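Structure showing tremelimumab engaged by Cytotoxic T-lymphocyte protein 4.
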Amino acid sequence: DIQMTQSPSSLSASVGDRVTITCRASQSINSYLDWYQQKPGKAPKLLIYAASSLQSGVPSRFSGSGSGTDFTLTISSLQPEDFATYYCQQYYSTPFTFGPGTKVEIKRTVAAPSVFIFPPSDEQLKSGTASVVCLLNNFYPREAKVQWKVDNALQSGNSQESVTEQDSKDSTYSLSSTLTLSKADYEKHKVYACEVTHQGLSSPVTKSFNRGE
Amino acid sequence: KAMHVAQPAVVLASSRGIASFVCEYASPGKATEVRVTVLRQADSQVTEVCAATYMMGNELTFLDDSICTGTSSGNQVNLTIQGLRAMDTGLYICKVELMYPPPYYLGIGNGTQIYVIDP
Amino acid sequence: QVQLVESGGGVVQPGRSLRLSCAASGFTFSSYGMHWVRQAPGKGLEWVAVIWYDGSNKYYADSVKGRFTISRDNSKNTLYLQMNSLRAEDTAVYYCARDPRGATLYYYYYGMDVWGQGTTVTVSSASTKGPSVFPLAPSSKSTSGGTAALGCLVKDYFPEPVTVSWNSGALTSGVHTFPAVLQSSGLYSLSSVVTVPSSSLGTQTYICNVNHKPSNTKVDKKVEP
């Protein structure tokens, strides 16, 4: 099949910026390439077909070029409604493969997260399970590392993370990490700590609590 | 490289309303079924002029009172279109599709502008 | 007012089968190629299958070959996707989309110019379960510079979705409700948090309103220091 690749994976831009993103096919596809836009919670929208023709109703700041294996989509002046994910797709030969997508997000200044930790509630504890939650609130950029430590022991395989979509008012992200333990395991230890690594921090920050204090 | 479909840039129909042009193509694998379609593009509108499927090792044949007739030596076709009038002037595109066995491949020609005058 | 409306999605056990439908209106369905495209949670678009305007030819992604069948009934303006031998990795939103395939406007006009809204297919052995709602109490360790964080942990429900509001929709600013995660149990969990002036605790009441329709489950949880 034809492998479609896209670069960059993500790019940060401001309103008014000229933006160019690229698409590559693993073998020649002539000019048989579509570009699509998608926003969270919504179906995709066709923007460009035959590599360079504009879908009806799409603003003229959008253009495309290329033929063979390398293609580009350009937005001459980024508008607020253009922050989205963009996918290329070849239709030269089946299967009609999509690229992995490029996310265009809003640029802002680096902001370290506000870090909060929540012990398990007594109600949850009464049914035999303990969830510890670490909250990273309103940070930028999106990349962050969260490490769980219990009595200073690094935790693996017992936590999951969730991240919000970029906020439209302040361009930040927030992230939740949940450590789940048996009640018995939770009571066998004392110190519960969430350790955070992020570009906004000069060294990792630890938020912790002592069980029963 | 991808499948390439080539045809002459301009053809003039005879005074009898007959126009001929070659549609030649470089094919990928060994398809046993190929679809050849002639489209007319004009005025932001496209219509199908004629189309045929060929299989096995046969000559592309259009069936039966078609205004199109063809040959084929391998991966190319001389197309003849009859009964053309002045209003039929436009861009005539040869489209070649490899249909079977999968995978599908699409090949769209560069187009032949056909000019026709009413005698 | 072109319309494509998918249906047939839901929860299905691994190894079993499902048929999706896509009903068309407001255009000449029989003139258009039709595709199915799917999107797994948090992942990109993946093309599934195409069928010619007249049903004469069809092609498939390598990941679904031998298991899925695309078909159409032009006398009923409807496209179908028969999915057999389903696997966890087939979990996705499934979209149908039309494609003029060079038969209108321009001979080179190929692309999915109109899409349905999608229907969700969840391949899982899990049983329907309403969530437990636990408080994420504000405290010393969730307060910062005169602002306090608090929330609700919405744990162990199936299937999606749940919806969350704070104070019956009266509190909206500073709220973050996270995307659910799928736990190793096969149940979903999520949290909703809100930051508030540390002043407000003890005088302003905070309640998370949790709603899981497939459970017929409604929960209000007051969150306090």
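Note on naming: letters A, B, ... go to the chains in the order of the sequence lines (proteins, then strands), and numbering restarts at 1 for each one. The figures here come from the full heavy-atom set of this structure, side chains too, leaving out hydrogens, waters and symmetry mates.
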_Okay, which bits of the structure are tremelimumab?_
chains A and C
*Could you look at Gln45(B) and say if it's the side chain, the backbone, both or neither that has a heavy atom under 4.5 Å from chain C (tremelimumab)?*
backbone
*Below 4.5 Å from any heavy atom of chain B, which atoms of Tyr110(C) appear? Answer side chain, backbone, both or neither.*
side chain
*asked:* For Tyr107(C), which atoms come within 4.5 Å of any heavy atom of chain B: side chain, backbone, both, or neither?
replied: both
*Epitope check: which residues of chain B have non-hydrogen atoms within 4.5 Å of tremelimumab?*
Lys1(B), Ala2(B), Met3(B), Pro28(B), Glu33(B), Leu39(B), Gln41(B), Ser44(B), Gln45(B), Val46(B), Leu91(B), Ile93(B), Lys95(B), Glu97(B), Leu98(B), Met99(B), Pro102(B), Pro103(B), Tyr104(B), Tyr105(B), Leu106(B), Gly107(B), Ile108(B), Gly109(B), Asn110(B)
*Spell out which residues of tremelimumab make up the paratope facing chain B, heavy atoms under 4.5 Å.*
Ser28(A), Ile29(A), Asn30(A), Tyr32(A), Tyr91(A), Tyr92(A), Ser93(A), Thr94(A), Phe96(A), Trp52(C), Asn57(C), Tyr59(C), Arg101(C), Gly102(C), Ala103(C), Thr104(C), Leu105(C), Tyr106(C), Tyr107(C), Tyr108(C), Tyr110(C)
